[PDB]
Peer 1: 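Here is a structure with lobeline.
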Amino acid sequence: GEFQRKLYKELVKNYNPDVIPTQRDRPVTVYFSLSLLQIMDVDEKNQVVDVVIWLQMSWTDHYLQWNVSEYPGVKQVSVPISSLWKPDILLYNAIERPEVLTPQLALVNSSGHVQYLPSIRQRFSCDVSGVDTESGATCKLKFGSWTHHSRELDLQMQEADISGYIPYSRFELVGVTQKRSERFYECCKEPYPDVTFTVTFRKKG
Amino acid sequence: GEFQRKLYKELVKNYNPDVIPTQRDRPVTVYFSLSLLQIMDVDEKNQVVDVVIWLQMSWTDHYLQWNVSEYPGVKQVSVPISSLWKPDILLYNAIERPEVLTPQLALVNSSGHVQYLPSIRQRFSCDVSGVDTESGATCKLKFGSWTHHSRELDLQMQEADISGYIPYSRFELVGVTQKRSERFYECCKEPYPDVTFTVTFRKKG
Amino acid sequence: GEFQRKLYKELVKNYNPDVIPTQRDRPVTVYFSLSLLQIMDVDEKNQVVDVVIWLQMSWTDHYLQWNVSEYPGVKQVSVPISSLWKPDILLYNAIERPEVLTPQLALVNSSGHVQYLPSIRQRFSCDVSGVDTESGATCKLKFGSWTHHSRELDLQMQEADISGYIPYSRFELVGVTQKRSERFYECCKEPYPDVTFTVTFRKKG
Amino acid sequence: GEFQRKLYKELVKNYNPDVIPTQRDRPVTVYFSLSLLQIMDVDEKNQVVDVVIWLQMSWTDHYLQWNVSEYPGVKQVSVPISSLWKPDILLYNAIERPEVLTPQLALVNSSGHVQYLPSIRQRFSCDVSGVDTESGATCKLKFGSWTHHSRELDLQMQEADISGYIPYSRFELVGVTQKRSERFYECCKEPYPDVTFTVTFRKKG
Amino acid sequence: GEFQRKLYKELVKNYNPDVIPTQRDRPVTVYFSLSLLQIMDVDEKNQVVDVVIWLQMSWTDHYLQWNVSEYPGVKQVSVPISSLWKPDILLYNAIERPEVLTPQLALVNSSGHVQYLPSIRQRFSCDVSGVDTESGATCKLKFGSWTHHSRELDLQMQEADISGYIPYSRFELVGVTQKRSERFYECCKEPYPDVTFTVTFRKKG
Ligand SMILES: *[C@@H]1O[C@H](CO)[C@@H](O[C@@H]2O[C@H](CO)[C@@H](O[C@@H]3O[C@H](CO)[C@@H](O)[C@H](O[C@H]4O[C@H](CO)[C@@H](O)[C@H](O)[C@@H]4O)[C@@H]3O)[C@H](O)[C@H]2NC(C)=O)[C@H](O)[C@H]1NC(C)=O
Ligand SMILES: *[C@@H]1O[C@H](CO)[C@@H](O[C@@H]2O[C@H](CO)[C@@H](O)[C@H](O)[C@H]2NC(C)=O)[C@H](O)[C@H]1NC(C)=O
Ligand SMILES: *[C@@H]1O[C@H](CO)[C@@H](O[C@@H]2O[C@H](CO)[C@@H](O)[C@H](O)[C@H]2NC(C)=O)[C@H](O)[C@H]1NC(C)=O
Ligand SMILES: *[C@@H]1O[C@H](CO)[C@@H](O[C@@H]2O[C@H](CO)[C@@H](O)[C@H](O)[C@H]2NC(C)=O)[C@H](O)[C@H]1NC(C)=O
Ligand SMILES: *[C@@H]1O[C@H](CO)[C@@H](O[C@@H]2O[C@H](CO)[C@@H](O)[C@H](O)[C@H]2NC(C)=O)[C@H](O)[C@H]1NC(C)=O
Ligand SMILES: CN1[C@@H](CC(=O)c2ccccc2)CCC[C@H]1C[C@H](O)c1ccccc1
Ligand SMILES: CN1[C@@H](CC(=O)c2ccccc2)CCC[C@H]1C[C@H](O)c1ccccc1
Ligand SMILES: CN1[C@@H](CC(=O)c2ccccc2)CCC[C@H]1C[C@H](O)c1ccccc1
Ligand SMILES: CN1[C@@H](CC(=O)c2ccccc2)CCC[C@H]1C[C@H](O)c1ccccc1
Ligand SMILES: CN1[C@@H](CC(=O)c2ccccc2)CCC[C@H]1C[C@H](O)c1ccccc1
């Protein structure tokens with residue numbers, strides 16, 4: 001519609017997607033969770049697991065809010081993620097780049113809350129030497145911001161999901177746990193948070 | 001011609017391809033169908049099917065209409081899809097990104113009706129454990145919009161085609177059925193439609 | 001030179017590469033031919049042939065002509081194909097995208113005649129059962145425009161070449177024929193032309 | 001914040017990322033180090049090693065400094081590396097391009113000191129003929145600027161790290177040493193520095 | 001420095017990288033040579049050789065010259081090749097696109113002489129049927145401009161080098177010759193030069 005077209009024009013004006021949208025030394029809170037959809041393969045020689053994981057991220061960007069009565073009918077909009085600031089979140093265990101399977105779009109509502117929910121095909125490093133035993137292999141998937149400390153980007157955790165796991169693969173899911181942490185690194189004065197998912201699985205008999 | 005060159009210049013003016021062309025809370029109807037052209041391979045270990053499928057989409061964009069007597073001779077135009085809004089339709093079963101085999105162009109007529117008909121090479125997840133039996137393996141291919149609900153994008157179905165199936169592959173087509181659906185999801189207020197194709201096939205001999 | 005630099009500046013001015021350069025309801029004639037340079041491989045299980053083919057296309061674009069005495073010395077220019085309109089010609093049998101081996105440049109002379117001669121590495125679908133016999137496998141390579149009918153784009157044929165075929169591959173060339181055709185499709189009012197190359201070949205063992 | 005947004009706008013103004021930020025017979029000093037995170041594979045037939053290495057680079061760019069009291073609260077910023085000048089450092093032994101695993105971002109503080117710390121997946125040439133012996137295979141990894149001599153770009157060395165080496169691969173790390181050098185080449189009047197890492201490793205069992 | 005920043009700004013002004021820098025019907029002379037650095041593999045079934053080759057090209061572009069006393073201290077500059085005109089030189093035997101291993105930068109001195117020295121990973125077609133014999137397989141590598149004839153681009157030859165050949169591969173170098181030539185092709189009125197390298201090699205006992 002015409003109201004949407006006018007809204008998109010205003011949202012991009014004076015907006016720099018390279019600048020994290022903090023406000024007066026108050027961090028941007030980013031909620032992060034993961035749904036393991038499939039274990040595609042396990043390479044026992046090279047110590048590699050191949051997965052499809054659906055990442056779910058959300059945060060508030062105060063530059064993206066609008067008055068609902070100025071734009072009647074427009075409750076939320078669909079925007080390419082390249083036009084917004086997004087978290088620079090990395091899988092620390094990754095040995096190749098991710099392949100993104102979903103359209104690179106985010107949903108933004110009228111108070112500036114953004115949802116970006118990419119599904120990714122990803123290969124990563126793990127010791128899979130007990131994968132073909134009763135107590136299987138257990139792998140850690142550590143996620144965190146690459147360039148923003150706790151006072152800039154407050155990474156927070158949400159409930160993990162196993163309901164979407166594909167039943168017909170040759171691996172079964174024994175368990176999934178999760179834990180937020182915070183550490184000081186040698187480089188830097190400020191601490192950096194992370195969210196780590198621990199996945200235990202094994203080959204089907 | 002000169003009239004075409006002037007028309008393209010007007011069509012792009014004040015046009016944002018990121019904004020779905022709804023008008024006064026009336027959704028954009030999108031007709032969707034599929035023609036299975038080939039089954040290239042079946043990976044029985046990893047539970048993957050490799051296909052070429054020809055997707056057929058059409059819809060009306062009211063911003064792309066023109067007066068026929070202002071542009072005499074110009075009944076329709078060939079336009080790169082990147083310059084238009086297009087449906088953000090996703091194959092939910094996909095485990096890699098699609099490879100598009102056709103030129104990325106759409107046809108638009110004078111009342112703003114768009115046709116975009118991409119042929120794609122695609123690999124996806126399915127239980128193929130009865131592929132080498134009499135009754136065969138049966139796979140679901142679920143398609144739907146990633147960011148637009150029913151009141152924005154009204155996805156509608158059309159008749160599937162088996163006539164283009166390649167006769168000389170090592171798999172034969174036992175059947176194809178189709179079904180539109182509509183559900184409420186936990187996330188969201190508004191319902192989401194989808195179009196699902198069920199394909200049954202088996203190995204020859 | 002200085003005259004060339006001035007000419008390139010004028011050629012791009014008021015030029016839209018998305019608009020086919022028809023003139024007063026007279027189609028653009030496009031001459032098309034093919035030289036088979038190599039048969040790299042044949043996949044008997046999956047019914048795929050791997051080739052290098054040199055495509056040769058030429059046409060007249062009336063917007064690219066210049067007065068020879070305004071630009072003395074300048075008989076023809078070398079221009080990136082991305083800055084011109086080009087035919088949207090497709091190999092209908094293709095199962096992957098082409099890999100272009102040559103620089104993406106075209107030659108344009110002073111009366112606007114364009115030559116664009118890409119060499120491509122291409123895999124396509126064919127029944128190759130019979131490849132290891134005396135009479136060999138016979139494959140059709142069908143080429144045509146994706147979005148332009150006969151009254152917009154008049155596809156014409158030229159003499160096929162076998163002189164560039166590499167003698168040291170493990171496949172030998174039994175024969176090559178070619179045929180222009182024109183058909184009505186279900187979609188459309190206007191007929192669409194094509195040029196099809198029929199290649200018969202066999203294993204040397 | 002608002003001060004950050006204003007700062008980014010000023011940093012890009014009159015800034016050319018193609019120009020090395022020397023001033024008047026001072027070179028740009030670039031500190032370089034490496035942390036070997038994993039040996040993924042060794043191809044004994046083709047003489048190739050496959051690694052993940054974390055490169056650590058830092059330098060001062062005097063065009064990126066700002067007055068701290070003009071931008072209160074803003075001590076450092078996160079910037080895409082493509083918008084800055086960066087060292088043109090090359091692995092001389094490389095037989096494919098690198099695959100970058102981390103976000104392409106750098107940290108810049110108020111006096112213009114830049115940190116850029118890419119983790120890369122890289123394959124390179126080495127004689128691995130004693131890899132399955134007690135004393136192991138020993139490989140040289142030579143790094144240096146491609147276009148800048150010593151008086152433009154002063155490459156300096158820092159302490160190598162083995163603490164991040166993954167314990168569960170099928171190769172073990174016998175040792176890592178490092179050495180800065182400087183040589184005259186036939187081409188050029190000015191000498192060129194390099195930093196070379198020598199890595200000795202062997203197969204387990 | 002400040003003089004460099006001013007120089008880069010002037011060099012790009014009124015510069016079109018698509019226009020070969022001839023001057024009053026006098027061709028651009030391009031010196032071309034090759035250093036074979038490695039033979040990575042030989043595929044005997046498909047008739048393919050896999051190499052790393054270091055190409056060395058240089059030429060004069062009269063638009064890139066500057067007065068040395070206007071820019072004191074600035075003898076040469078490091079510039080991205082994408083901002084300059086470069087030779088459109090092709091390996092005629094290539095069956096895949098090249099992978100460029102070096103930074104895409106060129107050196108330009110004050111009288112406008114450009115040096116561009118890309119190292120490339122390349123696969124090409126050759127009859128390797130005597131590779132495992134005493135006299136070896138002999139392959140021709142033919143290089144030439146794709147769109148410029150002799151009167152536009154004067155391709156000249158320089159001394160080949162085998163000093164960079166890697167000693168630890170499983171193939172050894174029997175012989176290398178080189179030869180400049182000039183031929184008429186069917187397309188065109190004007191003759192086209194080429195530089196061909198003949199490499200004889202064999203498997204090690
Ligand atoms: C740019 O390149 C193009 C492509 O090659 C080139 O187009 C060709 O131009 C020539 C004109 O010189 C065309 O040849 C003519 O074609 C028609 C028949 O189709 C004939 O009338 C001409 O024959 C002769 O007729 C006269 C008898 O009354 C004689 O006086 C004399 O012998 C004529 O030559 C002649 O064959 C040719 O058809 C086109 N081709 C295409 C595809 O358009 C163009 O000329 C080039 N431009 C420049 C400035 O170099
Ligand atoms: C925009 O979306 C956000 C996030 O969904 C909404 O804020 C949440 O609203 C729920 C209502 O049950 C609260 O329980 C949460 O505390 C809110 N979340 C956060 C992170 O603050 C918000 O209401 C939406 N705004 C509008 C105007 O629709
Ligand atoms: C533009 O294309 C549309 C879609 O083909 C045309 O509208 C259809 O015309 C058919 C056949 O005459 C009718 O039966 C349908 O009612 C129409 N379908 C839809 C989805 O609207 C339309 O006529 C074309 N416009 C012009 C100006 O020719
Ligand atoms: C910007 O960062 C650089 C690098 O960390 C700082 O320079 C170093 O400061 C330490 C003290 O923390 C000194 O011991 C070193 O001598 C400095 N190193 C170099 C290479 O200069 C610099 O002080 C920082 N600037 C600000 C304003 O904080
Ligand atoms: C820019 O570089 C070119 C090429 O290196 C220089 O010209 C060469 O100089 C050598 C050495 O004296 C001469 O023998 C040759 O006549 C030149 N070679 C070519 C291919 O032209 C040139 O002098 C340099 N310009 C400046 C100002 O230093
Ligand atoms: C959850 N998702 C909805 C979420 C949403 O609208 C959304 C939010 C944010 C950005 C983009 C889209 C929209 C579409 C329906 C549903 C999709 C299905 O659950 C799903 C999730 C993960 C993998 C495959 C399928
Ligand atoms: C510290 N370092 C990471 C260190 C780590 O544990 C790590 C990284 C990669 C592989 C293995 C371990 C943790 C997060 C902070 C980061 C440093 C900062 O983000 C940074 C990024 C880019 C340029 C300069 C500085
Ligand atoms: C596609 N169709 C016509 C439809 C059209 O013009 C068109 C309309 C809209 C967008 C793009 C092309 C064009 C001419 C070719 C024909 C294609 C053939 O049916 C086909 C397509 C794909 C696989 C097998 C067969
Ligand atoms: C060429 N290069 C110099 C840079 C330079 O002169 C140059 C670079 C690019 C363009 C013009 C000139 C720096 C010193 C090393 C030298 C070449 C090295 O031995 C090399 C090693 C392995 C593969 C390729 C090249
Ligand atoms: C290309 N053609 C000439 C150039 C030209 O007229 C031309 C080039 C590009 C566009 C338009 C015209 C000279 C350059 C090579 C020659 C063709 C060679 O036999 C060839 C051999 C093998 C595969 C492909 C091509």
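In what follows, chains are A, B, ... by sequence order, proteins preceding strands, each numbered from 1. Ligands are counted one by one from 1 in listed order, and the atoms in each one are counted from 1 as well. How was it done? The header gives X-ray crystallography, 2.5 Å. Note: hydrogens, waters and symmetry copies are ignored here, and every other heavy atom, side chains too, is used.
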Peer 1: Could you list every ligand or chain that corresponds to lobeline?
Peer 2: ligands 6, 7, 8, 9 and 10
Peer 1: What macromolecule, as named in the PDB entry, provides the greatest number of contacts to lobeline (ligand 7) in this entry?
Peer 2: Acetylcholine binding protein
Peer 1: Show which other chains sit less than 4.0 Å from lobeline (ligand 7), counting heavy atoms only.
Peer 2: A, D
Peer 1: Which residue owns the protein heavy atom closest to atom 25 (C) of lobeline (ligand 7), what's the atom, and how far is it?
Peer 2: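 The answer is D/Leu107 CD1, 3.3 Å.
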Peer 1: Which option, A/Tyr185, D/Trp54, A/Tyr192, owns the non-hydrogen atom nearest atom 6 (O) of lobeline (ligand 7)?
Peer 2: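 Result: the heavy atom closest to atom 6 (O) of lobeline (ligand 7) is in A/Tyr185.
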Peer 1: Looking only at protein heavy atoms, which one is nearest to atom 1 (C) of lobeline (ligand 7), and what is the separation?
Peer 2: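 Protein heavy atom with the smallest distance to atom 1 (C) of lobeline (ligand 7): A/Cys187 SG, 3.9 Å.
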Peer 1: Out of A/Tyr92, A/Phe184, A/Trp146, whose heavy atom is nearest to atom 20 (C) of lobeline (ligand 7)?
Peer 2: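 When every heavy atom of A/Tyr92, A/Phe184, A/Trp146 is considered, A/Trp146 comes closest to atom 20 (C) of lobeline (ligand 7).
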Peer 1: For atom 23 (C) of lobeline (ligand 7), find the nearest protein heavy atom and state the residue, atom name and distance (0.1 Å precision).
Peer 2: D/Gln115 O, 3.3 Å
Peer 1: Taking the non-hydrogen atoms of D/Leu37, is any one of them nearer than 4.0 angstrom to lobeline (ligand 7)?
Peer 2: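 So D/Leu37 counts as touching lobeline (ligand 7).
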